*Asks:* 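Before I ask anything, here is the structure I am working with.
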Amino acid sequence: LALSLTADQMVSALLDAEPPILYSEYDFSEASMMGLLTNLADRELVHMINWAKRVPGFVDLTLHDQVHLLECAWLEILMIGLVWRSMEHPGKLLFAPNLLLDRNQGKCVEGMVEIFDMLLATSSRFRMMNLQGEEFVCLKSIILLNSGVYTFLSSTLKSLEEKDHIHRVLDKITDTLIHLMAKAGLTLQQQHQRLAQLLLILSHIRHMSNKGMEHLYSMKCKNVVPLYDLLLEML
Amino acid sequence: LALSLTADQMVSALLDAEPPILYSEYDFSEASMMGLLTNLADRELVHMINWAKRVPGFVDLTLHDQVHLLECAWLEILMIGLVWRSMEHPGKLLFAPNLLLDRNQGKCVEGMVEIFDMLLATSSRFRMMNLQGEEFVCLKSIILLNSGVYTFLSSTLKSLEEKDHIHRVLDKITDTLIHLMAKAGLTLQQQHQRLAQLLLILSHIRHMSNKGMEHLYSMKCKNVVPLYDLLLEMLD
Ligand SMILES: CC/C(=C(\c1ccccc1)c1ccc(/C=C/C(=O)O)cc1)c1ccccc1
Ligand SMILES: CC/C(=C(\c1ccccc1)c1ccc(/C=C/C(=O)O)cc1)c1ccccc1
């Protein structure tokens, strides 16, 4: 299974799991903008499910746990992927090949400019660090597995083994990240520094997800179960 | 000067800067619980200010930048401390020597138990990894310098060499963390595996903080600017 994979074997697995890139429904008040984004998120979300299944180790976990991971990670994963796509588009966000939005077009939705700025800062940092695809894909898997691991129900011998498994795979991806960096020619010190630099960014992506989530939660009718909830429901 | 400190000099400066340990002012109910915690936290924030000035690097930043860092980090920093002190107290959170609360006492205030459970879990994880104080004091400093760095207003030339500076100091603290692990005799693999492990926990701490601010914001009427806000505005 996933624990005996080599670093090359893991990068491959991860690159192959990558889901196709989605298009938007076509390029401006609050409702029209939130509709595009909401539509794109939901389709990305449906793709995210079969991606997660292709991630080494994810499928060894019980369903309710798989679902908990996605519940906790889905907006982060959407965001890192956006930030990655927007890397070579300074001051802009590439939601889709046909939806490239301005810093300013965030102002279309009271609340969203704060969030656009954070995404722009994140992708700017990735550009400075010259983040690579092999690393991007690794980060994305770390988010999937780490964002929900501290919030299970650890009262049980089975939730212990679940946590233990996830942490073992997380170690394997760390091993993989270092492996990529050693191959790229960085020194030990540079390796350790880049590892840290990248994992600290994951803290900011968490922050952004929390904020996006809080904004989502305050915009919606409270009598409404949003589509992310339902999908994880029917799972 | 911070950029030329060695790993041993770094650990030292940090152990040296640790603020005293605070006692609860008093010794259930919903408002009585929040009273304890709020005062404890406010008193801890005050001590946090002088602590932060002693973190190598911090004082080289402009004032406005110092205040920003503290604004983004103060709840994470309290929380990691609580988690750290509660390590050898399973199922409990040691807010102070005279205030040891129980997982169950979290339901004393609505929504809190969610947060207590996350805290207990974090401290519980630290206990398996056997976190050391040298490590702790590094993580605490990483939260201070990192939590507000991706969220600086300006695009000026100075703003750039200001976060350049922060990232240099962060790199030095990564160096110190590893140095520590290597002295404890871990393998290279074990070393980088542990660094990742600790920094991934910092993601969870950020999350607990974000949750903490939401519960806070929702319990208090909007007519009120809270004491942490007042204090930071003034430090500026
Ligand atoms: C930052 C963009 C964004 C997303 C989004 C992120 C990446 C890719 C596409 C969209 C977003 C907005 C609404 C939703 C709604 C989901 C749902 O209603 O089920 C999901 C994500 C968002 C999230 C919250 C508030 C404003 C915008
Ligand atoms: C989890 C405990 C806690 C803190 C706290 C944490 C560790 C040590 C001391 C306090 C907390 C509670 C209230 C405040 C209030 C601050 C203020 O009013 O300015 C700050 C922190 C808290 C935070 C949010 C909601 C409920 C409790």
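By convention here, the chains are lettered A, B, ... following the listed order of sequence lines. Sequence positions for chain A are given in the PDB entry numbering; the residues included correspond to 306-332, 337-544, in order. All residue numbers given for chain B refer to the PDB entry; the residues shown span 306-332, 337-545 in order. Side-chain atoms are counted along with the backbone in the values below, which use heavy atoms only and exclude waters and symmetry mates. Start at 1 and go down the list; that is how both ligands and their atoms are numbered.
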*Asks:* For ligand 1, which chain gives the most heavy-atom pairs within 4.5 Å, and what name does UniProt use for it?
*Replies:* Estrogen receptor
*Asks:* Looking at ligand 1, what drug do we find there?
*Replies:*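 The drug there is GW5638.
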*Asks:* Which other chains are in heavy-atom contact (under 4.0 Å) with GW5638 (ligand 1)?
*Replies:* A
*Asks:* Which covalent bond, if any, links GW5638 (ligand 1) to the chain, stated as residue and atom?
*Replies:* none
*Asks:* OK, so UniProt lists some 17beta-estradiol-binding residues in chain A. Which of them have a heavy atom under 4.0 Å from GW5638 (ligand 1)?
*Replies:* none
*Asks:* Hey, are there any other ligands or ions sitting under 4.0 Å from GW5638 (ligand 1)?
*Replies:*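 Other ligands or ions: none.
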*Asks:* Which UniProt domain of chain A is the main contact region for GW5638 (ligand 1)?
*Replies:* NR LBD
*Asks:* Which residues are in the binding site of GW5638 (ligand 1), using 4.0 Å as the heavy-atom cut-off?
*Replies:*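 The heavy-atom contacts are A:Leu346, A:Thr347, A:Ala350, A:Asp351, A:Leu387, A:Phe404, A:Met421, A:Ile424, A:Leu428, A:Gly521, A:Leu525, A:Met528, A:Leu536, A:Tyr537.
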